[PDB]
Number of protein chains: 2
Amino acid sequence: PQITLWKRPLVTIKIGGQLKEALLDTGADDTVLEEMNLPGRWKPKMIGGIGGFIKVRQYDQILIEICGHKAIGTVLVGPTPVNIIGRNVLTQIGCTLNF
Amino acid sequence: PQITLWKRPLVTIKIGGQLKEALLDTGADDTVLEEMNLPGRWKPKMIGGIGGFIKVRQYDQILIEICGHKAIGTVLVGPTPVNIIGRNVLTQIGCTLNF
Ligand SMILES: CC(C)CN(C[C@@H](O)[C@H](Cc1ccccc1)NC(=O)O[C@H]1CO[C@H]2OCC[C@H]21)S(=O)(=O)c1ccc(N)cc1
């Protein structure tokens, strides 16, 4: 669909059999989710944001569905203020910016 | 135009009579620009994200031109690692997400 930006672009996503609300974030290279129980092996990693760096759990080849669009990519799990959907996932669902 | 998400959506902006590269960021409520000596009054503010918070200076009713699209609104100035164009400006230039 076309999504205007007068509100936060929040969407219901499905990961690990759970539904969650996430923010479509064209300023994030990577997708970062709040603390959660995800099945599958993971590797430690660090990501930095506007305020510094945090510790995350990196899950590769994770199934994600966004508004009926399926993705399979890396998901970082850690103390992010918000579930954010980064470009690694947004490209898989064919998301573009237009003005 | 249409901008894909394979790479960071960097564009040229014009503010305070200066040209700069900024990130079109649907995940940002407000525009936040690298440290620059803007004139006029301002109010302190703190914005938070991954890594915590940074303190910024909020100027209101600032003219920004994004690839020819004119906008006027709030602009936050502070030690951000990247120039960020937020929804407050993305709405004024008619930007949308599409997938
Ligand atoms: C986390 C979001 C809810 C909000 N952020 C915008 C977001 O797009 C930042 C914007 C951003 C981009 C680069 C550097 C710092 C901040 N990107 C980000 O944190 O992505 C991280 C995950 O993937 C990596 O890619 C970039 C950083 C990593 S934010 O920078 O902290 C922010 C908060 C408030 C305002 N008014 C403006 C921006």
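The first sequence line is chain A, the next is chain B, and the lettering continues from there. By the PDB entry numbering, chain A shows 1-99, in order. Using the PDB entry numbers, chain B covers 1-99, in order. All values below come from the heavy atoms of this structure, side chains included, with hydrogens, waters and symmetry mates left out. Atoms within each ligand, like the ligands themselves, are counted from 1 in listed order.
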Molecule at ligand 1; choices nilotinib, avapritinib, darunavir, pacritinib: darunavir
Top contact chain of darunavir - most pairs under 4.5 Å, the PDB entry: NL4-3 protease
Chains contacting darunavir (heavy atom, under 4.0 Å): A, B
Residues within 4.0 Å of darunavir (heavy atoms): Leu23(A), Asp25(A), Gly27(A), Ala28(A), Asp29(A), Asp30(A), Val32(A), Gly48(A), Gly49(A), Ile50(A), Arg8(B), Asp25(B), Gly27(B), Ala28(B), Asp30(B), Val32(B), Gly48(B), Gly49(B), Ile50(B), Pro81(B), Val82(B), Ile84(B)
Atom 34 (C) of darunavir [closest protein heavy-atom partner, distance rounded to 0.1 Å]: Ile47(B) CB, 4.0 Å
Atom 13 (C) of darunavir: nearest protein contact (heavy atom, Å): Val82(B) CG2, 3.9 Å
Per-atom contacts of darunavir with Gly49(A), taking only distances under 4.0 Å to non-hydrogen atoms: 15 (C)
Nearest-neighbour protein heavy atom for atom 28 (C) of darunavir, which is reported as residue plus atom name and distance: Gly48(A) O, 3.3 Å
Distance-only N or O hit between darunavir and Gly27(A), under 3.5 Å: yes
Those atoms of darunavir less than 4.0 Å from some heavy atom in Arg8(B): 26 (C)
Atom 22 (C) of darunavir: the protein heavy-atom neighbour that sits closest, reported with distance to 0.1 Å: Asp30(A) O, 3.5 Å
Per-atom contacts, darunavir versus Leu23(A) - under 4.0 Å to a heavy atom: 3 (C)
Nearest-neighbour protein heavy atom for atom 24 (C) of darunavir, which is reported as residue plus atom name and distance: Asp29(A) N, 3.5 Å
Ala28(B): numbered darunavir atoms lying under 4.0 Å from its heavy atoms: 37 (C), 38 (C)
Darunavir to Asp25(B) polar contact by distance, N or O atoms, under 3.5 Å: yes
Proximal darunavir atoms for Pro81(B), defined as those under 4.0 Å from one of its heavy atoms: 14 (C), 15 (C)
Source species of chain A (PDB): Human immunodeficiency virus 1
Taking atom 19 (O) of darunavir as the reference point, the nearest protein heavy atom with its distance: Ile50(B) CD1, 3.9 Å
